[PDB]
Student: 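Working on a deposited model featuring peficitinib. Questions ahead.
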Amino acid sequence: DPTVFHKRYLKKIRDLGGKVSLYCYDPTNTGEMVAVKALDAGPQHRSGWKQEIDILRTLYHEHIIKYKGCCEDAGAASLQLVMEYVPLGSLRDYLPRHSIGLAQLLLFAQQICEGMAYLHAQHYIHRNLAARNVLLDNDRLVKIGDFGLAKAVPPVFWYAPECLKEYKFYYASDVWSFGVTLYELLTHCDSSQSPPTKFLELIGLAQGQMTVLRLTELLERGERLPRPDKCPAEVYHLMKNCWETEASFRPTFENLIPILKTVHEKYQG
Ligand SMILES: NC(=O)c1cnc2[nH]ccc2c1N[C@@H]1[C@@H]2C[C@@H]3C[C@H]1C[C@@](O)(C3)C2
C-alpha cells in the first residue's frame, strides 16, 4: 500500500501509548480519526521499524488492525505508520470497566485465534500477544495490534519457557501467550489477578537479576496461573494445553479455531 497522508491535514488529539498517537485527519478544514505510530532511536531500531511497517503493509484480515498508509516523518528522518483508530481501545482498558459474559469473552478468544492463525500462515511471529494489544472495534469485533516485535520466522510474564531460557521463539510460543491472554480475558484484566502480580507473589521482588530464571524454574516445575472464577473446566484445560512446557504438545492456532467456535456456541445458546 503506497497511501500517503499529508502532514498538513493532521491534528493531534492525544497520545495512545515507539509512540502511538490519535490524530484527526481532515482535508476539508470533518474527517477520519487515525492512529499514527512514530519511531530518539538509533541502534538499528530503524531496521526493526522498517520491518514493522513492511509487515503491517502486507497483513490484511478482519482481526488484525488495518494499515491505512504512511507519512513523511521529517523529525525522525523516517516514516510514520498510519493505522485505523479503534475508539473502545484495548481489552486491558475496556474489561475492568465493563462486565462481559463468558460467551462474549470466548468469541474474543476465537477471533484472536483467527487473526493469529492468519499471521502464522504468513510465516510471521507476533511475540507480544497480551490483552493490552487486543483492540475492541465493536462489542463483537476484536483486532490484534502492536506489531512492534513481529518478525518473519527466518512481555516476560506472557512468555513460554523456551523464550525465557533459550531466547528461542516458535509459532507455539505465541500460542503460550494466547493462553495467558485468555487468562487475562477471564479475569477481566484485574491487576490483582494479573500474570505479573501472581508470578511476583511466588518469586518475590528481591531476586537481583534472577527474576526471569526464577520464573523459568517455576514454569518448568509445572506451576501455572490459577483457574479464574467461572472459567469452565474445559476452558481451563484448554489454557493448560496452551501452556504445555514442551512447545510441540501445544495446539496450533489452526487447531484452536474450531474448538473455540464450538465452545463459544455452547455458552451462547
Ligand atoms: N492502532 C493502534 O495502535 C490503536 C488504535 N486504536 C486505539 N485506541 C486506543 C488505543 C489504540 C491504539 N493504540 C495502541 C494499542 C493499544 C495500546 C496503546 C497503543 C500501543 C499498544 O501497544 C498498546 C497497541
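In order, the residues displayed for chain A correspond to 888-904, 909-920, 923-932, 935-1049, 1064-1178 in the PDB entry numbering, which applies throughout. Counting starts at 1 for both ligands and their atoms, following the listed order. Hydrogens, waters and symmetry mates are skipped; everything else that's a heavy atom, side chains included, is used.
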Student: I'm curious which macromolecule has the most heavy-atom contacts with peficitinib (ligand 1) - what does UniProt call it?
Tutor: Non-receptor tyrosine-protein kinase TYK2
Student: Which one of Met978, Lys963, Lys1038 has a non-hydrogen atom at the shortest distance from atom 3 (O) of peficitinib (ligand 1)?
Tutor: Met978
Student: Relative to atom 9 (C) of peficitinib (ligand 1), which among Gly1043, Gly909, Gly984 owns the nearest non-hydrogen atom?
Tutor: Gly984
Student: Looking only at distances, please establish whether an N/O atom of peficitinib (ligand 1) is found under 3.5 Å from an N/O atom of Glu979.
Tutor: yes
Student: What protein heavy atom sits nearest atom 16 (C) of peficitinib (ligand 1), and how far away is it?
Tutor: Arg1027 O, 3.5 Å
Student: What residue and heavy atom of the protein are closest to atom 6 (N) of peficitinib (ligand 1), and at what distance?
Tutor: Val981 N, 2.9 Å
Student: Based purely on interatomic distance, does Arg901 place a nitrogen or oxygen under 3.5 Å from a nitrogen or oxygen of peficitinib (ligand 1)?
Tutor: no
Student: Nearest to atom 4 (C) of peficitinib (ligand 1) by heavy atom, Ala928, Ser912, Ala1025, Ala1026: which?
Tutor: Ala928
Student: What residue and atom, counting heavy atoms only, is the protein's closest point to atom 21 (C) of peficitinib (ligand 1), and at what distance?
Tutor: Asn1028 OD1, 3.8 Å
Student: Determine, using UniProt annotations, which domain of chain A has most residues touching peficitinib (ligand 1).
Tutor: Protein kinase 2
Student: Relative to the heavy atoms of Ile960, which atoms of peficitinib (ligand 1) are at a distance of less than 4.0 Å?
Tutor: 1 (N)
Student: Around peficitinib (ligand 1), which residues have heavy atoms within 4.0 Å?
Tutor: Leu903, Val911, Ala928, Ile960, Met978, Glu979, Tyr980, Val981, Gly984, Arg1027, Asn1028, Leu1030, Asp1041
